[PDB]
Amino acid sequence: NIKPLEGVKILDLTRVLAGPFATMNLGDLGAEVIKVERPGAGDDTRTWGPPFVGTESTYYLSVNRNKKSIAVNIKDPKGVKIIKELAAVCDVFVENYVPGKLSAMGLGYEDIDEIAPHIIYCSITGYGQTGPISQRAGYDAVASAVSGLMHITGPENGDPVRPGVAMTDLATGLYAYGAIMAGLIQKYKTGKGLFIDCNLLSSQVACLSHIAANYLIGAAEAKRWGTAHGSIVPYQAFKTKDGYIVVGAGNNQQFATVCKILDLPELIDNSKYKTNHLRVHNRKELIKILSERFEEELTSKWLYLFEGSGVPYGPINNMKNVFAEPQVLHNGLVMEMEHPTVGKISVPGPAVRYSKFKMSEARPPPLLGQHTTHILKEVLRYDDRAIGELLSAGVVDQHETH
Amino acid sequence: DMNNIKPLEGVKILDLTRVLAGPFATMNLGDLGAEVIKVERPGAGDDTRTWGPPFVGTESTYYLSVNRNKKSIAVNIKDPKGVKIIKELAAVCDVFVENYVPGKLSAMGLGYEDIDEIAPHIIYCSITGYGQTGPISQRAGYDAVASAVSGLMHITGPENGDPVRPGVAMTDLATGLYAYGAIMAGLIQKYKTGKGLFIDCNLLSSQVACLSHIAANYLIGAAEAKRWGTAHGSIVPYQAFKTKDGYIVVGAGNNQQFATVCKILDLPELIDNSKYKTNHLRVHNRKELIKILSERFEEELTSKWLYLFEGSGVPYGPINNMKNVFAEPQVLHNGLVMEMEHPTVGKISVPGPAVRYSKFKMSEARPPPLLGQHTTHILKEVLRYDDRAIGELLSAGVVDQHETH
Ligand SMILES: CCCCc1nc(Cl)c(C(=O)O)n1Cc1ccc(-c2ccccc2-c2nnn[nH]2)cc1
Ligand SMILES: [N+]
């Protein structure tokens, strides 16, 4: 009934994806997310379209549910005053500007910690708070290139490729969303806050893990394999009559299973393919033989023949197949929300499910400045007199829809 | 140590995970100070122990990369006495993590229902391929399969080419990060309720959620997605460009940045070109523009372009290999090369923690444990077994103790 983060206020100055994705997941867990946006423009994702639904872009809608919106010009001293007043009654402070940018505006950790020594201050940057290239802005495609992910992603004999989605941004967001709750836990015993440094470079290098460990320990360089792997064969995507199927065999018994299903038992006892080490050594000839067979049948036929095989196998699905998959719908991944002016909209739902509470009901993504007046009056106790003055000056903006 | 108090100190994690997703989650919790008790099969242990070469002594680099800051107890959970040991551990542990097919541990007497009965406080987190229930929930989880079924592979690869998978198991790692955050959400919730709960993380749910805007385009606009190689559908130019000896990523997020790039490339005539004057026009005329830019990028070395782009203020970066990654001073500056002293294998280096906190240090880590290295210590220190009961369990084969303690 009650979510674990209920009663936790998050002062959210994040933009784009990495930061907003972190605060969206905390909003799913019950946190009161107060999104601070530029009057007029707002979060950059608001203008990235088409596709557009009414006035809201699908980019913005996808990662900003379960948030409230206050449009405040934080470059204005009156806006800085509002941010500091909000931080004093908030538990978490999140931003993803270049290091020192918020500090130059009077909203750095030193400034905020002075008036909110309890606060958890989390900064999401491209390369960290300090260092030779720490002043560069963070970008997923740039980080995945510098961190080594792109070099190991792509066709074996082709150009490097990027993940279809900004996995480096999302991974960093997941690091931060966990780190913020670790800060809260630490705060619960000590009563004081701390500063958290998340960045795209650190997140992606850490995710290299064993691949990077192979070099740091064995001086082994990594390479691109397309859909295959360097140390285990066969294990890749195979072109079928109408699509692709991923199939793998991690040992001689799985390899026998695959060959029998493919009606190629003669390969099991062939001297070239009897062990995994030999299959890797003879991978080009083996994959060619297997690929010729895979392409003769439809994907649906191969999926039926592999039922109960006990080997890793799965079809390569497009968006149409993904959301026709009964398992996808079963997991609640099609989250529907009622937008006040745009109507019913559907986005990918929460990835984690808990037994003691439900997250299937989410507040729709806020309109720009939708909750400006509500926050100033209810959260900061501003009177109608002061709010009208800030509105008249343009320091804050209130959407027509409340 | 005295002043370096980590947030999760005093939290015990009963860790039955294997492979990558689960172990990655519990390793990050160990970095934060949690006491991770890794439960392993006697003799074999975690599957990754045998995944080699590369090998360092007897330990595989795969296993070492994601098992620091853990202790190892080798116990046979198929033995009724072993089930007893696991239940006794759960009673004094805060978290229980497993990544078996749904229902497997339940058939062994170690399901959530069984554990919650004797440990109503426990945070029970199961990491599966597709979730605890559903038509295909009984299939084992694999990163390559999940990325195929989830749609990531379909949208990853060269434009007009075959699908590709991420170089590393990002679906497993994303799921691991989801779980490592979810577990701490459970801990926080326990502060209020005093009770535990069950957590369902799976590869399919994690990856579909990461589709975000791409999925919304279909769910809302019925629009199908495509592969773009390294470029993007809504912003041009922004992709990887082949240089004379490698690749460099360069982008222009607005007309002013596009002018900056053109001047650096000695192509000022493009700034006022009717086909490329705005981003909307550059996207529409992307094919011809990229060819013109690609022709120039290929004439100079990556080192030359990096020098010419200094201070440009536009998004740019080289495509680094492992050698370039760990020669980059920024990477070393962030402490990402974590060195550890293994008791039998010696000094080893792995990627360090990604997050840095101002109130504590995580640069000093316990090396990944040897199989059953801490069996006796855990039984005596954590469960209060005496020397005779422990000796009987060793003689009976219920548990195993490594030569190194
Ligand atoms: C010159 C760079 C132009 C823009 C920009 N400014 C920065 Cl900063 C970044 C960065 O964070 O990389 N970007 C690129 C970028 C743009 C959009 C998104 C995004 C937003 C919401 C929902 C999903 C996604 C997404 N899902 N999959 N891919 N995108 C994410 C990243
Ligand atoms: N971002």
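Chain lettering follows the listing: the opening sequence line is A, and each later line takes the next letter. Chain A uses the PDB entry numbers throughout; the residues present, in order, are 37-438. Residue numbering for chain B follows the PDB entry, covering 34-438 in order. These numbers come from the heavy atoms of this one structure, side chains and all, not from hydrogens, waters or symmetry mates. Both ligands and their constituent atoms are indexed starting at 1 by order of listing.
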Report the name of the drug found at ligand 1, as recorded in the PDB. EXP3174
Which chain is the chief contact partner of EXP3174 (ligand 1) here, given by its name in UniProt?
Succinyl-CoA:glutarate CoA-transferase
Check your understanding: What other chains contribute a heavy atom less than 4.0 Å from an atom of EXP3174 (ligand 1)?
Key -> A, B
Item to complete: Consider EXP3174 (ligand 1): state whether an atom of it lies below 4.0 angstrom from any non-hydrogen atom of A54(A).
Response: no
Those atoms of EXP3174 (ligand 1) less than 4.0 Å from some heavy atom in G174(A) = 8 (Cl)
Would you check whether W84(A) reaches within less than 4.0 Å of EXP3174 (ligand 1), judged by its heavy atoms?
-> yes
Worksheet entry | chain A: source organism in the PDB | Homo sapiens
Under 4.0 Å to a heavy atom of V201(A) - the qualifying atoms of EXP3174 (ligand 1), by number:
27 (N)
Tell me the protein heavy atom at minimum distance from atom 3 (C) of EXP3174 (ligand 1), and give that distance in Å.
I268(B) CD1, 3.5 Å
Item to complete: Identify any other ligands or ions less than 4.0 Å from EXP3174 (ligand 1); say none if there are none.
Response: ligand 2 (ammonium ion)
Worksheet item: Quick one: does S98(A) get an N or O within less than 3.5 Å of an N or O on EXP3174 (ligand 1)?
Response: no
Would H246(B) count as being in polar contact with EXP3174 (ligand 1), using the rule that some N or O on each side must be under 3.5 angstrom apart?
yes
Next item on the list: Specify whether the nearest protein heavy atom to atom 14 (C) of EXP3174 (ligand 1) is under 4.0 angstrom away.
Entry: no
Heavy atom of the protein closest to atom 1 (C) of EXP3174 (ligand 1) (residue, atom name, distance) | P348(B) CG, 3.8 Å
Check: Going by distance only, is there an N or O of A202(A) that falls short of 3.5 Å from an N or O of EXP3174 (ligand 1)?
Finding: yes
Heavy-atom nearest UniProt active-site residue: chain A, EXP3174 (ligand 1):
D205(A), 3 Å
(message) On a heavy-atom basis, I'd like to know which of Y175(A), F57(A), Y95(A) is closest to atom 2 (C) of EXP3174 (ligand 1).
(response) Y175(A)
#### Entry: Selected option - heavy-atom contact closest to atom 11 (O) of EXP3174 (ligand 1), from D80(A), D205(A), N287(B)
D205(A)
Taking both backbone and side-chain atoms of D176(A), is any N or O found less than 3.5 Å from an N or O belonging to EXP3174 (ligand 1)?
yes
Any chance you could list the binding-site residues for EXP3174 (ligand 1)? Cut-off is 4.0 Å, heavy atoms.
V52(A), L53(A), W84(A), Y95(A), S98(A), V99(A), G174(A), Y175(A), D176(A), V201(A), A202(A), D205(A), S245(B), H246(B), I268(B), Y271(B), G286(B), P348(B)
